[PDB]
Number of protein chains: 4
Amino acid sequence: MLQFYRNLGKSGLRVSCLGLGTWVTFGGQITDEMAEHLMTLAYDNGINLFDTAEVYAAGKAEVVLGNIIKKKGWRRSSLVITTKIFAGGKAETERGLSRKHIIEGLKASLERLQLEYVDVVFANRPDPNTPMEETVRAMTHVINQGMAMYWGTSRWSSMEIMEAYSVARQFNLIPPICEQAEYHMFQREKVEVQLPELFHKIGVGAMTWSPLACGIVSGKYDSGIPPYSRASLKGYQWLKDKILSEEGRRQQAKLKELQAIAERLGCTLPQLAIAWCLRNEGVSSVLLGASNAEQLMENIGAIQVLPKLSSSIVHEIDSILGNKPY
Amino acid sequence: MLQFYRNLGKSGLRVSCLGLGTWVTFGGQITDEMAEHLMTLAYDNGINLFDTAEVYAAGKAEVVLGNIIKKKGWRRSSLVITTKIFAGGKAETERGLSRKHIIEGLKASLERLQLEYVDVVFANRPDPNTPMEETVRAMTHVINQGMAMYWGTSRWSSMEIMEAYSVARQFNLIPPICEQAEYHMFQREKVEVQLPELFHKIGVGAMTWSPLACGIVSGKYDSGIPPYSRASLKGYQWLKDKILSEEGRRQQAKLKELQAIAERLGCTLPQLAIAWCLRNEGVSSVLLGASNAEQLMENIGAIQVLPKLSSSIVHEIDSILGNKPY
Amino acid sequence: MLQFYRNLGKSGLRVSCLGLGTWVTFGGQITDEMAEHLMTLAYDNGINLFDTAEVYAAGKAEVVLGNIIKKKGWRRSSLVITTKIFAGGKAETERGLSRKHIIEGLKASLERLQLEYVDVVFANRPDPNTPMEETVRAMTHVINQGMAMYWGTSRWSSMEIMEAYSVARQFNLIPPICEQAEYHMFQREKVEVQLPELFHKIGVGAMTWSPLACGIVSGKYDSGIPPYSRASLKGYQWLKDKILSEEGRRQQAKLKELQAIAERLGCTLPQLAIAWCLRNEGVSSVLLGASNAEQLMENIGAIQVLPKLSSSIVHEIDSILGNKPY
Amino acid sequence: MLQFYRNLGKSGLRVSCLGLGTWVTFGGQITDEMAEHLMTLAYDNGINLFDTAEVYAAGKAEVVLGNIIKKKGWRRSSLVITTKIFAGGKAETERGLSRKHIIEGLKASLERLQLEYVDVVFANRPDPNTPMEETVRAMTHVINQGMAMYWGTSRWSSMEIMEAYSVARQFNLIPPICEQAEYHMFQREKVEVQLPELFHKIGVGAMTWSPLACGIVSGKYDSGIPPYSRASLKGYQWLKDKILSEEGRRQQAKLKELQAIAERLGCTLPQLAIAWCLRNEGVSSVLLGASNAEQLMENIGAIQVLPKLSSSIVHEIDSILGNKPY
Ligand SMILES: NC(=O)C1=CN([C@@H]2O[C@H](COP(=O)(O)OP(=O)(O)OC[C@H]3O[C@@H](n4cnc5c(N)ncnc54)[C@H](OP(=O)(O)O)[C@@H]3O)[C@@H](O)[C@H]2O)C=CC1
Ligand SMILES: NC(=O)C1=CN([C@@H]2O[C@H](COP(=O)(O)OP(=O)(O)OC[C@H]3O[C@@H](n4cnc5c(N)ncnc54)[C@H](OP(=O)(O)O)[C@@H]3O)[C@@H](O)[C@H]2O)C=CC1
Ligand SMILES: NC(=O)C1=CN([C@@H]2O[C@H](COP(=O)(O)OP(=O)(O)OC[C@H]3O[C@@H](n4cnc5c(N)ncnc54)[C@H](OP(=O)(O)O)[C@@H]3O)[C@@H](O)[C@H]2O)C=CC1
Ligand SMILES: NC(=O)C1=CN([C@@H]2O[C@H](COP(=O)(O)OP(=O)(O)OC[C@H]3O[C@@H](n4cnc5c(N)ncnc54)[C@H](OP(=O)(O)O)[C@@H]3O)[C@@H](O)[C@H]2O)C=CC1
Ligand SMILES: C[C@]12C=CC(=O)C=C1CC[C@@H]1[C@@H]2C(=O)C[C@@]2(C)[C@H]1CC[C@]2(O)/C(O)=C/O
Ligand SMILES: C[C@]12C=CC(=O)C=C1CC[C@@H]1[C@@H]2C(=O)C[C@@]2(C)[C@H]1CC[C@]2(O)/C(O)=C/O
Ligand SMILES: C[C@]12C=CC(=O)C=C1CC[C@@H]1[C@@H]2C(=O)C[C@@]2(C)[C@H]1CC[C@]2(O)/C(O)=C/O
Ligand SMILES: C[C@]12C=CC(=O)C=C1CC[C@@H]1[C@@H]2C(=O)C[C@@]2(C)[C@H]1CC[C@]2(O)/C(O)=C/O
């Protein structure tokens, strides 16, 4: 009963239940050649959603993404391209959600992307130094300028998202259509409890990220930090610490148990985790990440796992994780 | 007492009581040469309204229409060009009334038409997957961008049209000026009963289509499906089935009777049917269709029939049709 | 105590108490060479206001005006250029105050004028076929598009002007700043009684036209229709009839009497009439007309007459005219 | 506890506590070479705020400023460029806060600056001939046109600033973010008493100017008008009169006393005065002025003085000045 394509929240924007992101990989960990192959595989498999950000690889991720789109020549109208704005430089005025950086940042992202507009522009995170009204007016402005079709939030609290809606309705501006939130077996609270309320109240959709907790859910770290793994990359010592932390090892213990259900269902752990992220209608789309073609094809195969996630299967997983939100 | 030119609803847009459409014919059933001749004949006879759609002939109808306008060099200010948006591609995001497709779709139609803007952009049909607010904001945006002068609805229910007005007045956006509805002797309810209410309440005008029920009213199918007829064209098996259906034959029976009044008045059946469509002020303009010059000139001659449609004549027709709405 | 420059109504637009119009003369009755000289004389004498219209000489007036501006190279910021829109073609959709013609009409005027925008765009007259809301939205749109700085009305009733303000305040649009009304010794009611109310209520300014009643006030028709006079021009038989009419001769009788006061003051009749038009603060600016340099220099000399228009002088004129409004 | 960078009022625009202005110097008193050096020194020292005006050196200040920015090639996103509009020509319509001059004036400033937009456009002073609504709509328009990111006021009373906010909230326009006010030891009332109220009430920020009272606070006029001093420049006889005035000499007397505290703290008088201007959070940024590199480097050194401005030090200064506002 799964519908591969669904509306992003209550907006009219239709997206595939699975998207492909560019964090770490594009313009960084992987070659442009591998990136091209990954996007082609995604696109050919129905995926129309591709996420990026001005900060990814200091802007190179957007460059690679734009190059592929141009080289492949896919119709712009058949793609949903999203980017996020917060950190776009070292200068004081090159970061934040001020009108100045919103406009300068998106303009610079579009130039790198070789695109006239993105379908959704996201505030990559909350800005405690900029009043909501200024931010909402700036997002509304770029949409009115044809630089984006819609806008959204990322890593914002339920209250801050409602605040953006409040400002939009008071000054007759455009409200946000989606919140890009982290969601995986070890981070469920926000997406399972809070976001559903925002959907029914103000139509906000949930586009989730890091469905494998940066690859931790794959269980490839059951025995240390494998070579070439994200956790072994430069600038990702923070990930390695989380993996080697006390809590990071307790997660591995639970994973081994989840692995049992995986093989018992005839799928891999990553496929179980990803399918798990889509088990509820509440999630509009799960943004995937992959360093090679084997991972992506495996991940996409998660769709076939959905039908096997019965009530019993879900309860067993909850008993194992032991973190089912109230 | 007929006024050849009238306002489209309560808007200031003045249109001829007869327009020329491009469905099936332009870029499809007829040659560009024949299309040029038909439009010239229309224009030279006072017709200033020409309708098309992104979906007609996969966009070719708009191409032919734009070519003629350019080749003939008529002043853009002397023309009322309308197009409709819903289905503009095979991709998921290439259909619907989302802001994304509204903007991408109209932009693509304008490029094909070689025009900077259309006078009216229509939503070709209702979109159950896009909230009215998003659609109304998108229509308002393209009007503000100078891509269209006004917007309208097509195949929308009275309630959905009122809903668009509601959103427009609540968020101070631009309301629709017209609804493009089917109207002929075998489809009267909506146009005769509901649309008049929308005109007096929210100024919505009625621009009607298929005045001959795709040619069925001409009675050329009194004996099967004549060669080259629309019903015998590829992709129009649906029309042939309606003609050969039980109800389709009962219509022919009534037509034969209507034919009596036609010849009794000194006009053809198509002229009687078309003049009938304009008998009431409620209809701002009737969109004509034609595959050759004989049909168009005949159709235009319907204007001369109007004066003969007395109360008695109208009552006789009602008795024959037996479908006068309450 | 006269201030040569004053605000046009309550707006911030500052105009000279005297402007130079282009009706009949520019691109028509006079040569481009004479037009250039007249504008230069005006500009050099402090006049910054120049009025035209899409209908004047079928658009040639705007062409000549734009040529002079370009040839002389005066700073655009030192000029106040106004044009009026209603009749811009023979086609049905080429006339009126519909959004379509407002945009097409002004765009075409600007191209002829070789200007990016006019300071004020006027609706040349009321349009009974277009709802006020559509007209006000269209004027607001062109101002927002940078095609005009402000907009105004011409030949509108006090109630229709208040209606435009009503729509502007209800839908948060831009209200009109001025009404271009006829004003001379034989047409005082509207300007003296009604316009002052609009100024204090909604800040509307009064820019008056035909201060010499098309030249009739000069008294050059005291003995028929002199050669080369406007009344003897082709297409102005209507003016000749008004002059030769019973009322037209009764005006001449009164003029002869006014002539007495003129010579008694040391000025010409035209100078007395023009100075009379500016005697009250209510009039922001009087638009002058002239076929040669002698008339213009004479007319401009009306400024020196103002100081002599005492209460007694004004009362004597009222006794003669006998048309002082209540 | 000083934060070099702070928000300009409640807006999201982040500026350095010290800015560099161009009045008198750029394109005038100093060479383009010296101007380039001064800006480079400022920029390299963290200063991101540079102020100018259409009136400075008849537009040359903006030309020099734009040349430096272009020659140095600093990222536009790392700069906060502000300009002020009021007097942009000799013609009547070339001055004021009318929509006409706002648009023409800023457009001309941007061309001279070789920039697409300024971060903040200021009304250089109040305009008693233009209604607030017109001015606020014009500022909102240029911001919506991408010609400026924000707008502000300069030399406006607290009530006039609140009036601009009132109009903005009534017609849903954009309110001002900052007021550029004079602030130095001999002008404290407005900035110390009134502006703080506007900050808490409507978020208006305080960007101050002439922190050395045009150089008077430096005490270089303790013995007349030194050569090359601003007071000895052409067109600045007004400054010399203020210095040589009775009150101007009484200020010198107080300065000599302040000098005691300066040397007693280990800093110069200008450093004490400038640091004094930043002692309170109320001031977002102090705009500096300098004719040579020695002055600028000295002035910037005022930051190190801030830590020494204890309560006692501030009280001693108040006792000396004897002008502490109520
Ligand atoms: N809004 C925001 O702030 C954020 C948004 N995002 C978005 O979400 C997207 C996805 O996030 P991401 O963290 O990459 O997602 P995941 O948590 O799914 O991690 C994907 C990474 O895990 C590894 N992996 C993937 N599949 C497999 C597999 N089958 N077997 C083994 N290892 C596998 C790969 O890394 P390796 O091979 O190197 O181990 C890959 O790069 C991003 O690209 C971005 O677009 C992400 C973070 C934040
Ligand atoms: N908003 C919407 O969804 C829709 C809008 N429209 C608009 O309305 C327009 C008119 O619709 P359309 O269905 O073409 O109109 P009609 O119902 O009037 O049918 C016209 C067709 O009937 C035949 N015909 C026309 N005149 C004669 C005649 N005198 N004698 C015999 N046959 C005749 C021709 O087909 P043939 O010779 O092949 O038999 C011609 O193509 C369209 O072109 C389009 O612009 C149409 C449908 C939907
Ligand atoms: N909003 C609207 O609908 C209208 C606006 N206007 C505006 O107002 C302007 C002025 O109107 P207009 O009717 O021309 O003004 P006047 O009533 O002042 O008439 C001017 C004409 O009278 C004659 N004249 C002028 N000065 C003298 C003189 N000193 N001695 C003798 N004859 C003289 C000239 O015509 P001749 O030498 O041929 O006798 C000249 O063309 C127009 O150009 C236009 O811009 C005008 C009409 C309508
Ligand atoms: N909004 C508005 O209406 C106004 C805004 N402003 C803005 O504020 C900025 C600063 O104003 P400004 O009056 O120049 O500032 P100051 O009051 O600080 O005076 C600076 C001037 O004083 C002298 N000076 C500076 N430092 C020293 C020093 N250490 N020792 C001795 N003399 C020194 C220099 O002049 P010299 O060497 O010639 O003596 C220099 O040009 C302007 O450039 C402008 O951007 C200014 C006025 C009005
Ligand atoms: C998609 C939309 C309009 C286009 C856009 O850029 C952002 C949004 C977000 C909020 C949506 C809004 C609508 O279109 C109407 C909605 C969906 C509203 C939330 C409640 C709402 O007002 C409602 O429930 C319809 O009545
Ligand atoms: C034409 C118009 C404005 C231009 C446009 O793009 C769309 C519309 C549709 C609705 C119209 C509106 C008007 O202009 C004023 C009308 C005609 C309104 C319906 C009721 C109305 O408000 C009225 O009755 C006047 O008072
Ligand atoms: C000039 C202006 C704004 C710019 C414009 O394009 C048209 C107008 C016309 C109406 C003016 C308006 C104002 O600026 C404020 C005014 C002048 C208003 C009439 C009453 C008003 O609201 C008032 O009295 C101030 O309080
Ligand atoms: C920065 C801002 C919006 C961007 C802009 O161009 C100008 C302003 C000035 C007024 C600010 C406004 C806000 O962003 C919200 C503020 C800061 C408001 C003053 C009160 C306010 O409404 C408030 O207190 C938040 O609730």
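In what follows, every chain begins at residue 1, and chains take the letters A, B, ... in the order their sequences are listed. Just follow the structure's listing: the first ligand is 1, and inside any ligand the first atom is 1. Scope of the values below: all heavy atoms of this structure, side chains included, with no hydrogens, waters or symmetry mates.
- In this structure, the drug found at ligand 8 is prednisone.
- The chain forming the most contacts with prednisone (ligand 8) in this entry appears in the PDB entry as Voltage-gated potassium channel subunit beta-2.
- Other chains within a heavy-atom distance below 4.0 Å of prednisone (ligand 8) are, by letter, A, D.
- Binding site of prednisone (ligand 8), heavy atoms within 4.0 Å: A:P131, A:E133, A:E134, D:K10, D:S11, D:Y150, D:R169, D:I174, D:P175, D:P176, D:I177, D:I202, D:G203.
- Below 4.0 Å from some heavy atom of D:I174 lie the following atoms of prednisone (ligand 8), by number and element: 5 (C), 6 (O).
- Below 4.0 Å from some heavy atom of A:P131 lie the following atoms of prednisone (ligand 8), by number and element: 13 (C), 14 (O), 15 (C), 17 (C).
- Among the atoms of D:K10, none of the N or O lies under 3.5 angstrom from an N or O of prednisone (ligand 8).
- Heavy-atom proximity to D:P176, at under 4.0 Å, picks out these atoms of prednisone (ligand 8): 9 (C).
- Of all atoms in prednisone (ligand 8), listed by their number and element, those nearer than 4.0 Å to a heavy atom of D:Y150 are 6 (O).
- Shown in contact with D:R169 at under 4.0 Å from a heavy atom are these atoms of prednisone (ligand 8), numbered in order with element: 18 (C), 22 (O).
- Checking distances below 4.0 Å from prednisone (ligand 8) gives no other ligands or ions.
- Atom numbering of prednisone (ligand 8) starts at 1 in the shown order; those under 4.0 Å from a heavy atom of D:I202 are 10 (C), 19 (C).
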Which pairs of nitrogen or oxygen atoms, taken one from prednisone (ligand 8) and one from the protein, are under 3.5 angstrom apart?
from	atom 1	to	atom 2	distance (Å)
prednisone (ligand 8)	14 (O)	A:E134	N	3.3
prednisone (ligand 8)	22 (O)	D:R169	NH2	3.3

